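Quick look: PF-00835231 (bound form) on 3C-like proteinase nsp5.
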Amino acid sequence: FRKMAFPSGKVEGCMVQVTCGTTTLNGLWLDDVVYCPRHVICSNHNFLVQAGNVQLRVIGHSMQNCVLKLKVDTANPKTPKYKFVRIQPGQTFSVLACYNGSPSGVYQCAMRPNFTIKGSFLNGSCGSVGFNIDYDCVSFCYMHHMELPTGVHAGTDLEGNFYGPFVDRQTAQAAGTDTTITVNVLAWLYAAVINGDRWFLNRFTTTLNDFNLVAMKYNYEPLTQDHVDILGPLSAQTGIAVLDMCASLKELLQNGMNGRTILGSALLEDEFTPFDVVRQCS
Amino acid sequence: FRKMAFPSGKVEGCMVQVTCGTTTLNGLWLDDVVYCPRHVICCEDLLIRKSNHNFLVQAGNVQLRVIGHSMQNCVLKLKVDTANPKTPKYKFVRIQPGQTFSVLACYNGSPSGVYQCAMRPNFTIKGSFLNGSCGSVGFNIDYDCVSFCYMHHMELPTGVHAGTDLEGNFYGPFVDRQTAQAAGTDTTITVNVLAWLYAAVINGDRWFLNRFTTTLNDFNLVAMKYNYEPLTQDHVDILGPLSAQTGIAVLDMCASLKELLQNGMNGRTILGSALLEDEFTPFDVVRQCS
Ligand SMILES: *[C@@](O)(CO)[C@H](C[C@@H]1CCNC1=O)NC(=O)[C@H](CC(C)C)NC(=O)c1cc2c(OC)cccc2[nH]1
Ligand SMILES: *[C@@](O)(CO)[C@H](C[C@@H]1CCNC1=O)NC(=O)[C@H](CC(C)C)NC(=O)c1cc2c(OC)cccc2[nH]1
């Protein structure tokens, strides 16, 4: 299985550049509003908003947490059906990396439990957005702001609220220690089972609390009830109860794979969600 | 550093659904021609027996009217009475083994996902394709010019995939029949592994570097032993920009790879991988890192 991004065309049509003084970054143009990181300012006639080479006149503005909302005099005719959503650690999304308002590439990312993403961003990438697409509706979840000294990345939702304990200052910040996304590893184990790779199944089970206590001792995220629910479809498809798969993973954590492989790998993958596995296996 | 696909907007505007009888798959709508896999009709006798009205072409909700049809190898060409306004500047190209491209996976004319693939030395690709994905295309983008190089036709019993260029000629020994087909034995794209090692350095991973250099002939001896493709002097040149930026000569990186092949990774990772990755070309690395 492979990391698959959503097609980026609905988001491509919304990317513009925003310039204040000599500082240029990316903005997101939906109807007659352009959203961009507020630090571009580091009056209406001080903002140069361009779609390609064409200027969009700014007629008003305001700040919502760490994002600037620029009111423009043209409604984007390419505006898709969309929502702003705040995602949870473990959830995945596509990133359209942009420079000077021009799309450069698309790739799939996961929100780490410490609210960073392992992205691929260069100078001028701020304002690039992350998103999911469900039945032609684009759910925008991420706007890019920062690269940590460790090389991972940090940003906000489209309401300007950072994910994690970060601030939009030119200061070296540190993420909390990362953990493994348990729910995604389990989805990966279900994907193995769906494809016939099932030697790791055992005849034990566990309670959720007992498993969560053990997981935390291996730097694994505890499972939420929401996690148990989104594993539901894969449990039903394979006939393997979620708590039985937890007991199989626990043995894997306590004994290892020997030299054995799962899905042709010796390392457990944790950036595929239960939805990604359903998306891909069907 | 991530596996990065080209933005797919330009190609999404070209995807349509083609239906003939019981069979449905995807087509590519360029100006006033729809290109799709010919097996949608299931030979020359078979096409003759068909008429323009046997073909149902849908661009979203709108039906397009077919006014002509011809066959070019394994690709069917349907002239339609309407030109696609979203037709980008484009060209049809046949890629070389080792080269990469983005795949826009589509189902029923609707784009579904985008990911990066490489043409394997044995002329397969390791894709992610389900029932209904035939007609999906692979492409590269250069300055608003889309170069189409792949149209999807089949999945081998081993799970890898096979297809044609846009002139309808298969990559590799495959045919568009309902048969179990094996590919030749695959090899690893050496020049791409080196590109990726350079990328791991540019991104701060250095544990695999060593003080040794090798010769090109001696490195190729070891490569051939481990089922790696030969490294040519043209490959050394193409790696010039990455060696220049890191200050590590190509033959020095080759000595690091040789040691990696002979000793293994010893349970360490490179760019989070436990395997030597070979589906990044030198240009891919340069495009992403600069
Ligand atoms: C946006 O492009 C900026 O508008 C840029 C994106 C990063 C550049 C390299 N890769 C990226 O993802 N963002 C920044 O430069 C931000 C700007 C802030 C929010 C005002 N700053 C950082 O990412 C930043 C600053 C510092 C730092 O200081 C001193 C020390 C260490 C790391 C660091 N990152
Ligand atoms: C197309 O979408 C057909 O329109 C379909 C795509 C594959 C199905 C599952 N995943 C895919 O990538 N392609 C096929 O079904 C083709 C059709 C041919 C070219 C007419 N056939 C195969 O991919 C195929 C057939 C057989 C087979 O038989 C016998 C035995 C083993 C493997 C196999 N693959």
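The lettering of chains (A, B, ...) simply tracks the order of the sequence lines. All residue numbers given for chain A refer to the PDB entry; the residues shown span 3-44, 62-301 in order. Chain B is numbered as in the PDB entry; shown residues: 3-44, 54-301, in order. Technique stated in the header: X-ray crystallography, 1.9 Å. Each ligand, and each atom within it, is numbered from 1 in the order the structure gives. Computed over heavy atoms, backbone and side chain alike; hydrogens, waters and symmetry mates excluded.
Other chains within heavy-atom reach of PF-00835231 (bound form, ligand 2), distance under 4.0 Å: B. Taking 4.0 Å as the cut-off, B:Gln192 does not count as a neighbour of PF-00835231 (bound form, ligand 2) on heavy-atom distance.
From PF-00835231 (bound form, ligand 2), the nearest residue that UniProt flags as active site in chain B, along with the heavy-atom distance to 1 Å, is B:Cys145, 2 Å. Of all the heavy atoms of B:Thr190, the ones lying under 4.0 Å from any atom of PF-00835231 (bound form, ligand 2) belong exclusively to the backbone. Looking at B:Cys145 next to PF-00835231 (bound form, ligand 2), an N or O pair under 3.5 Å apart turns up. UniProt domain boundaries put most chain B contacts with PF-00835231 (bound form, ligand 2) inside Peptidase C30.
An N or O contact shorter than 3.5 Å is missing between B:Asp187 and PF-00835231 (bound form, ligand 2) by distance. No part of B:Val42 comes within 4.0 Å of PF-00835231 (bound form, ligand 2), judged by heavy-atom distances.
In B:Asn142, the parts holding a heavy atom less than 4.0 Å from any atom of PF-00835231 (bound form, ligand 2) are both the side chain and the backbone. In this PDB entry, a covalent bond connects PF-00835231 (bound form, ligand 2) with B:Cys145 SG.
Here is the list of PF-00835231 (bound form, ligand 2) atoms found below 4.0 Å of a heavy atom in B:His163: 11 (C), 12 (O). Proximity annotation for atom 15 (O) of PF-00835231 (bound form, ligand 2): of B:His41, B:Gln189, B:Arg40, B:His172, B:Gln189 comes nearest, heavy atoms only.
If you number the atoms of PF-00835231 (bound form, ligand 2) from 1 as listed, the ones under 4.0 Å from a heavy atom of B:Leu27 come out as 4 (O). Under a 4.0 Å non-hydrogen cut-off, the residues that form the binding site of PF-00835231 (bound form, ligand 2) are B:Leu27, B:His41, B:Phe140, B:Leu141, B:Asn142, B:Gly143, B:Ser144, B:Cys145, B:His163, B:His164, B:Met165, B:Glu166, B:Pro168, B:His172, B:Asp187, B:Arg188, B:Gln189, B:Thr190, B:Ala191.
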